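Entry with raloxifene: notes follow.
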Amino acid sequence: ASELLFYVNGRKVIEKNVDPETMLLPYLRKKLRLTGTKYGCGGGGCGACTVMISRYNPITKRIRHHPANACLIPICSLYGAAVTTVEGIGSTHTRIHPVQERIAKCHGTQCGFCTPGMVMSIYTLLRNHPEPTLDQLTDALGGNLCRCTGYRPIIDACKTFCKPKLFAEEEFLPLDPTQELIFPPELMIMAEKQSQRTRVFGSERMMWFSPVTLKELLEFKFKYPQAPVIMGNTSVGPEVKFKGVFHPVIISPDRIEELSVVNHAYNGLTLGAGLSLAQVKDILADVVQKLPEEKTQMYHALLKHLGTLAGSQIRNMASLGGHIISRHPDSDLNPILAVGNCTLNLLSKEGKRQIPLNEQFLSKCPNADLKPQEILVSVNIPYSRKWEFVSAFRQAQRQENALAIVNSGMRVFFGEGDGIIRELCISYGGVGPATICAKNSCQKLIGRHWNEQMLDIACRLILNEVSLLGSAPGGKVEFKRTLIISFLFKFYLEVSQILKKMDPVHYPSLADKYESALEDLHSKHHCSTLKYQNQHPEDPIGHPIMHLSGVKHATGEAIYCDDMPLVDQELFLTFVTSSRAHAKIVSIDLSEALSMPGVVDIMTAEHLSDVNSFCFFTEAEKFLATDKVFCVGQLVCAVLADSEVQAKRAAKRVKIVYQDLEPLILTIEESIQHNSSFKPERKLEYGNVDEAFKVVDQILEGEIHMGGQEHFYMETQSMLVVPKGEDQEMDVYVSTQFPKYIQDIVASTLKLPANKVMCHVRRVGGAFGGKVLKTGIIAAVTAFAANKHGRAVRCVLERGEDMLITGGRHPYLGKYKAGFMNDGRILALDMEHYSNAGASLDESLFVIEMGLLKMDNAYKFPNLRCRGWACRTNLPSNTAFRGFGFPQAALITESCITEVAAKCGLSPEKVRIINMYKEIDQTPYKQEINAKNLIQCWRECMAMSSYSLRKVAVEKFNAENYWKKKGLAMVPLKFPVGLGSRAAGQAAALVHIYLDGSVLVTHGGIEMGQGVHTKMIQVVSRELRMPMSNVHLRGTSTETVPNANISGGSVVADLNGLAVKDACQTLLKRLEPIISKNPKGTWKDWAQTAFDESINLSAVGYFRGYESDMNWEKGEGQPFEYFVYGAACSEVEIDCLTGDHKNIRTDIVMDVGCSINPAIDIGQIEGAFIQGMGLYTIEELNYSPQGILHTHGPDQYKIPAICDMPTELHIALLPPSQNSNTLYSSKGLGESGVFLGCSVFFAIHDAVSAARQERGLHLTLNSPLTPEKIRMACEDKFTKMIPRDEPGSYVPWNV
Amino acid sequence: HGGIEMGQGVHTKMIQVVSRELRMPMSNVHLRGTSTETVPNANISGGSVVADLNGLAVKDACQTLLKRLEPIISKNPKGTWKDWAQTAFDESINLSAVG
Amino acid sequence: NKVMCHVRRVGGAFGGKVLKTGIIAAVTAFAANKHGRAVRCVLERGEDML
Amino acid sequence: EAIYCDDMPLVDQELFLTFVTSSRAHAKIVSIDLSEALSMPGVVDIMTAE
Ligand SMILES: Cc1cc2nc3c(=O)[nH]c(=O)nc-3n(C[C@H](O)[C@H](O)[C@H](O)COP(=O)(O)OP(=O)(O)OC[C@H]3O[C@@H](n4cnc5c(N)ncnc54)[C@H](O)[C@@H]3O)c2cc1C
Ligand SMILES: O=C(c1ccc(OCCN2CCCCC2)cc1)c1c(-c2ccc(O)cc2)sc2cc(O)ccc12
Ligand SMILES: O=C(c1ccc(OCCN2CCCCC2)cc1)c1c(-c2ccc(O)cc2)sc2cc(O)ccc12
Ligand SMILES: Nc1nc2c(c(=O)[nH]1)N[C@H]1C(S)=C(S)[C@@H](COP(=O)(O)O)O[C@H]1N2
Ligand SMILES: Nc1nc2c(c(=O)[nH]1)N[C@H]1C(S)=C(S)[C@@H](COP(=O)(O)O)O[C@H]1N2
Ligand code: MOS
Ligand code: MOS
Ligand code: FES
Ligand code: FES
């Protein structure tokens, strides 16, 4: 009946009869009402829930601070400890901590959802290293993810703690050592008492025991043999959350000294099972410094793989003993330990026992495993002998914080006087259910020498022993087979080199071209430069004004939808989704779930009666599935319960029986094959392509595939629906891009006029087009439940169900036939576009239309035919995305240009200049354009980036390196901006002036992090001639501005700015006579005089929209208002033996017109570029042949992290030009920079061609260009040597 | 509007005004309340003139909207307010007015 | 522009819900801001008449 | 079903404010003693003019 006592932000927290299942993250937000700490993914991978844990050790008299992810911490493990959140280090009503002030003022926030995690990771680092290096700060952020900023401004804020810019660094608060938080004195007293008592907590579902003595821990291990021993909960935690595991009894000890031991012996090193991985990293890093290389072989290999293991938070939570026992097949440490003669020190009531850490232990043979009543105390890792060498290798989707596809540990021992292999141990991870060893191959290699024929024999032996079925889980089978022998080759080169160093007489030397295979791709030197431009001083237009919510982002005070306080008696709604891609729902059983605790209601399609459908565009479609399902993740049931936990528990016991249906369509080609119904065609024609193909020198046929993309907004789908209690009024608070649409679908579902339903949006934590259609579906179903039961209803999706429900960017297939001259002119181009639409074709026709109107990019194709189709599949329906078809259509065009370049013997850059638009030219849709800035962006990027010089240096590197290659590429940009009609571009605003002079402004646009609200206050400040501090904005609401269009299409700030300007001018006109009589007066004087003279101080602003038109039958029109121009150059280096690659440098020039806010505009270029970079390289969605999205292990989705950012990044804004049509001659940058990411794609493509051309192979690389695709294209003796399975003889993991 | 409902039925009288001026049944109109966030600088609800003066402001906003919509009303006199409102949107005519 | 007042309906006033109402609101708002909490104030009939 | 001001639902963690009023028609406030009231259950704050 113990009490749980710990501290949060200096305040004491006591809980009586605490539920042991309580986790820290929901406890902070709901019970303590501290909503700064966010939910991001719930698996410990994104860092949005980063907090600081502080403990006091009474034996050593020292206070330790360590970061942690609150989503994995059970609060029962916090007894006597101190938590610190973002709110605990500062706020706007106390003091702003320097970390908060700088990340905000350096423009390190956009949507702000990731900021509290970034702050806590930086703050915790500074509490441990007050005078740090940049490497220490970037390592601390390795497990912190951002979708908006591109990480550059956050590194800038990190740099200021180390020793024409966008921030005044000299005005920052210095780091005050007297202001830092004090460890709660009471916790120090409790630790001094050194209690021996075992703490006990419990509920009806779980028993929790926390022994504090070794004797008690052994007693509970004996009485509850099957109970897990929780340390950091980073293996058990994710398994109970995502795999339905449940433990009725938990043993979680508290700082047992015997498990924290660190013994420096004569023969080796003994590390306790309770040490965290971060502590082991530090212990080993100290040992390798004070001991000679001869003995520290095992410790260097372990240090290598501890550097890339997850992030700083997980490393500070996870234990060494937990790592060994959990026996993950993808473990990075267990393959190294398996080859190092390590032994495990076990303990129980019976006594002590020592077992080897071998292959049988890692395979969980009960003969070589722990006994049920045994614990692991410590592990012994021996010193290495002379002539003993150990190496570790790994390859994953991303350099850091990603589970390995294959890893390995290898050890070899030579005889002093023979050079003969005496011992050899090789183990691999990620190639089976457990870590395996090649004990048979190794034993056969015993007695040989280290030379060519040993390596060739070893390869064939290894491949036979460590075999993989073509159906092996995780997929990437041919990649895994190649990596297995590629690592062996690297180990061969490593050992061959040190032997030649130690024994020059008996060994040959490495070939010069082979030596860089030993150097890994690594860099932490993140450099960058920015270039922009330079009216009264009061006028903020053109100034780098910080995001209005920047500081509130950094303090956790920004309210997102789920941060809203608990509404009285609100319920929670969760969905049961489809587990089949195309099947018949034969029956649904709700009997069990309905009877479960807290369940209020469960709704199927028949409970929604006639409001289960809604006409979004051309046809009415279901909210909930009826008799059939047409993709996984389709909504089927909606569970309504008193609490979120009760809702998810009941939803799991809803029972649905399926009967699969043919056909099962998953790919575009399957969709074309199985389709025979009429499909609406979209077509562009310019010139005469049939005539032109008879004059060209050459003809070329090619095709490229391009995968999709998850939005990965850091804030998942979130909404709160509150009925008023009168006249069926409904208030809908939802994270959406389109409040008008939420209002329509909610009112329709409730059979109400629109004046009864209002939608309010203050801010959105990222959207990128993925918070529109299905957001309304969920909002309509949630509102139906709220009205039915007269209760507020909240609905927030977890990351997993969010990715299954929402859908992502349209995958593409592009087929082209190109007729070109021998010098590069493409006189004829016959192009075909196919989009994978998913189960619904709602927004797939619009992206096809935009793809055709944008596929020309920067090139004048005199004879061009372009056609496009949207293809239905049995996959989640795909939505809009940043770019709106341009990132797909332009890559397909750039792929065709790259293929034409190969035929002509010219670099792709030369073919680009010869096909580029002229200064005055014409588009395929017969719109006249001015491309002066297109050419200028190209020239300035060539000069700024020193392309020609670096081109020679890359060719020189590739001529001197065989297993490493560098690549270089530059692509141009023409991103046109414009909607389909004038009505689609209209915007409105509402401005009040109160009698004290202050101003309230609101408009129809939505803040997603792009800073539209900041830009509107900048407009009000100029038009009304008042400082921005006199203006304020609350949010966006259908109750104040009606009939607002979707926040999207790169025009949000442009059009709403014109509406805000319109209202400000109306007010200034009314006040001109009062202005004249008192020119020296304040706005308080002018407002009061206006009231006294009966002059209205409220005005509606309105803009009718740009004139835009497109006649799709004729294929002509004036659809676009202006064009964003740009150029991007990127350089990379690839590892031909593994597929790894490093982004070395990127240079970007952008035509932005006159930037209203260069800080925000540059931040939009950086974020778009990084988002496109992930689209073309590392972001990959894996589906099974049954249509199931794979999300565990190496199938986890990876967005770019800090390690993926280019080490060098130069961005320059083109000098301004006049554009009297747009607001202040500005241009909308939001979507343009995404395509610039493919400069990395074609830089990798360049490097792959260099290796292929040198190896004599005479290339279509699909997107995303993953390490799997890079490695397999670099064909060598290993690619040819691997076994291959007959296609169709096995069911693959992926398609 | 700026007036306060304290039992005298001002809100009832305002929707009566909207019903006349816009030629629509009162069930097509709705009012939620009074807020400084929607109507600023409103005088006290007192002096026997609350319905008088706010009625003239509501009448002013209705006439501004009916002015904007007269060309659309002319071409489709038999249409509903749903038809007229959507056509106004399609022709980029503002449907919010301050009285 | 930082302070908004919302009124749906009043259960009778007859002039007696102006000046003193603002004083009570100003004092209540001071407490609410001082403690970061929402604050409710309702008067009983006796103290109301005083 | 008509919502008057006090009919609004309990908002999360809201407090309540009540007033101590004068019992004299014309006098001077010699002293105010809050020691007992401040220590009583639930009391968050007591505010005087200063
Ligand atoms: C986001 C994320 C990223 C990751 N990335 C990587 C990665 O890149 N590479 C990698 O190799 N791993 C990775 N991991 C896995 C991680 O290294 C392990 O989950 C961790 O080391 C397990 O230690 P723990 O203390 O969290 O164990 P727990 O989850 O607390 O326990 C796991 C198991 O160990 C048992 N156990 C623990 N201590 C003892 C003991 N003394 N005696 C007996 N049994 C014991 C428990 O009973 C339980 O069965 C990642 C995990 C996460 C969540
Ligand atoms: O016994 C040898 C050895 C034997 C013959 C060698 O000949 C080198 C090639 N030779 C050059 C002169 C003309 C004939 C060919 C070299 C090393 C040892 C080694 C070796 C290395 C590579 C290889 O492919 C085979 C063996 S390594 C070694 C270590 C020792 O302590 C003792 C002997 C050795
Ligand atoms: O902007 C639209 C939209 C606009 C007009 C439409 O017209 C449909 C035809 N209908 C005819 C009768 C009058 C009303 C319109 C459809 C969608 C988008 C949507 C919408 C808006 C309102 C609504 O009630 C339902 C759906 S959903 C959507 C997703 C996008 O990615 C882009 C635009 C959109
Ligand atoms: N931080 C952030 N930036 C963003 C987005 C977002 O969700 N978050 N959305 C992008 C998309 S899809 C569009 S269309 C534009 C919309 O705003 P704008 O028109 O003012 O650029 O912002 C872009 N930039
Ligand atoms: N039911 C009701 N009627 C009422 C009042 C009231 O509080 N309740 N106030 C009176 C007062 S003080 C005035 S000044 C007027 C204000 O509204 P009117 O201007 O529309 O008459 O309503 C009068 N009638
Ligand atoms: O245009 Mo951005 O909303 S897909
Ligand atoms: O005129 Mo009534 O507000 S006293
Ligand atoms: S790391 Fe916990 S929510 Fe992402
Ligand atoms: S600011 Fe980092 S996720 Fe948006």
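Below, chain A is the first sequence line, B the second, and so on; all start at residue 1. These values consider heavy atoms only, across backbone and side chains, with no hydrogens, waters or symmetry-generated copies. Order of appearance sets the numbers: ligands from 1, and atoms from 1 within every ligand. The entry is not shown in full; contacts are counted within the portion that is.
The parts of the structure that belong to raloxifene are ligands 2 and 3.
By contact count, the main macromolecule holding raloxifene (ligand 2) here is known in UniProt as Aldehyde oxidase. By chain letter, the other chains having a heavy atom closer than 4.0 Å to raloxifene (ligand 2) are A.
Here the heavy atom of the protein found nearest to atom 2 (C) of raloxifene (ligand 2) is A:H449 NE2, 4.6 Å.
Only side-chain heavy atoms of A:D503 come within less than 4.0 Å of raloxifene (ligand 2); its backbone N, CA, C and O stay farther off.
There is no protein heavy atom closer than 4.0 angstrom to atom 8 (C) of raloxifene (ligand 2). Among all non-hydrogen protein atoms, the one lying nearest atom 29 (C) of raloxifene (ligand 2) is A:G419 N, 3.3 Å. What sits closest to atom 31 (O) of raloxifene (ligand 2) on the protein, heavy atoms only, is A:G417 C, 3.1 Å. In this structure, atom 11 (C) of raloxifene (ligand 2) has its sub-4.0 angstrom surroundings free of protein heavy atoms.
Residue A:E416 places a heavy atom under 4.0 Å from raloxifene (ligand 2). Considering only non-hydrogen protein atoms, atom 18 (C) of raloxifene (ligand 2) sits nearest to A:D418 O, 4.1 Å. Intersecting the UniProt Mo-molybdopterin-binding annotation for chain A with heavy-atom proximity to raloxifene (ligand 2) (under 4.0 Å) gives an empty set. Both the backbone and the side chain of A:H506 come within contact range of raloxifene (ligand 2), each with a heavy atom under 4.0 Å. Within a 4.0 Å radius of atom 23 (C) of raloxifene (ligand 2), the protein has at least one heavy atom.
Under the 4.0 Å distance rule, the nearest protein heavy atom to atom 20 (C) of raloxifene (ligand 2) falls inside the cut-off.
By heavy-atom distance, the residue among A:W450, A:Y507, A:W387 lying nearest atom 27 (S) of raloxifene (ligand 2) is A:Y507. The contact residues of raloxifene (ligand 2), taking heavy atoms under 4.0 Å, are given as A:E416, A:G417, A:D418, A:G419, A:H449, A:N451, A:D503, A:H506, A:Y507.
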Note down each nitrogen or oxygen pair, raloxifene (ligand 2) side and protein side, whose separation is under 3.5 Å; give only atom names and the distance to 0.1 Å.
{"unit_1": "raloxifene (ligand 2)", "atom_1": "24 (O)", "unit_2": "A:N451", "atom_2": "ND2", "d": "2.9"}
{"unit_1": "raloxifene (ligand 2)", "atom_1": "31 (O)", "unit_2": "A:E416", "atom_2": "O", "d": "3.4"}
{"unit_1": "raloxifene (ligand 2)", "atom_1": "31 (O)", "unit_2": "A:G417", "atom_2": "O", "d": "3.4"}
{"unit_1": "raloxifene (ligand 2)", "atom_1": "31 (O)", "unit_2": "A:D418", "atom_2": "N", "d": "3.3"}

